[PDB]
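The structure appears below as structure tokens.
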Amino acid sequence: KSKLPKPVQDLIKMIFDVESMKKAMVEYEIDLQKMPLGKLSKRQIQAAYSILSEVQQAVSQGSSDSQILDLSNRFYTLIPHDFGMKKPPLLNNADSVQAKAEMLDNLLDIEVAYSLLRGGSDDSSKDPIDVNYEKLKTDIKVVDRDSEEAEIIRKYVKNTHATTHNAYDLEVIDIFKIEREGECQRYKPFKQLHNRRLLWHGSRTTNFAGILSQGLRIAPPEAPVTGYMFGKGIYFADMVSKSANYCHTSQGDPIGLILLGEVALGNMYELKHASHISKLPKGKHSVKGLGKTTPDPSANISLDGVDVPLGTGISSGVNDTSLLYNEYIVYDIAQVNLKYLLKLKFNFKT
Ligand SMILES: C[C@]12CCCN1CC1=NNC(=O)c3cc(F)cc4[nH]c2c1c34
């Protein structure tokens, strides 16, 4: 039987739940009878990614929409869906493509998680909790609730919840200090770049088995670069609620996980509208999408030499922007060093 601290044990049970993966799949209206969890393929997902990029290129230069309809039917044949008696959405426009690309990101992560769960070795004497914990190849420690780390993290959550995101409020249940096997060596080349910031990354619970195993990754090459507002990079927020929205929490499942990462942003390429790129212009290290609302720079503090923008929301002074809140994008996985993992209770305002 396991000796892990009991918060870490609940975390492991949460990350490796197959039923949550099946529920995520049912929430995308995927047909679980024709295409169950065990018949999820990495290469099938990549082929779906290629269909999305074919729709992107077709729409972009005046192809038949005959063509685009055929590609949408091919997509629904490659990934079987259960829509009952409604008509499935058509892949004819940019929003359809973006929805399916986010969906495929989560599908790929689910495949990674199930591949982890059913792989490696199994040892009947050992607690499954211990087996999965060491499958994560991460050091997970509980952060003391009265530390100053915890002070700053609670203040970061408390101060940067946007008013637009009025469907819920957040309660911090546990704060974990994580260390990914190998990540600090990979991050070393970027640890004295200027402008390193502690930023949020939310994702579904089922995805953290992937995120803790392999880190935060960039979409595969088959993924359409126009399926993401600022192209194929790793996306962070400085508003806790903007990232928390990407946990895809629900009333039926109100606990989520969110990441705090040291991001070496360096020279930020400032953008107010979508720009589907895979590389930065020479001399830039990150993209910053400017919101009309920013955390107050007055109130930034430092934690292990990293800036924390835990100020309250004020106007940026940016006028012709299409973003309500900031976004930070990096295009090299080495530019990220994950520091903390947070268990959040979503209290839905009903
Ligand atoms: C839809 C998108 C774009 C590429 C994959 N994505 C998933 C995501 N996850 N998590 C975040 O915390 C996040 C925070 C942001 F400020 C902007 C973001 N844009 C994304 C995310 C995101």
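Position 1 is the first residue of the sequence, and the numbers go up from there. In listed order, ligands and their atoms are each counted from 1.
- Tallying contacts with ligand 1, the largest count belongs to the chain named in the PDB entry as Poly [ADP-ribose] polymerase 1.
- Of pamiparib, flunixin, selgantolimod, levobupivacaine, the drug at ligand 1 is pamiparib.
- Residues in other chains coming within 4.0 Å of pamiparib (ligand 1) by heavy atoms are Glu102, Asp105, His201, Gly202, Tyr228, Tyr235, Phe236, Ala237, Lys242, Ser243, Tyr246, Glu327.
- As stated in the entry, the source of chain A is Homo sapiens.
- According to UniProt's NAD(+)-binding annotation of chain A, the residues with a heavy atom under 4.0 Å from pamiparib (ligand 1) are as follows: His201, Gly202, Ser243.
- Nearest UniProt active-site residue in chain A relative to pamiparib (ligand 1) (non-hydrogen distance, 1 Å): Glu327, 3 Å.
- Mapped onto UniProt domains, the residues of chain A touching pamiparib (ligand 1) mostly lie in PARP catalytic.
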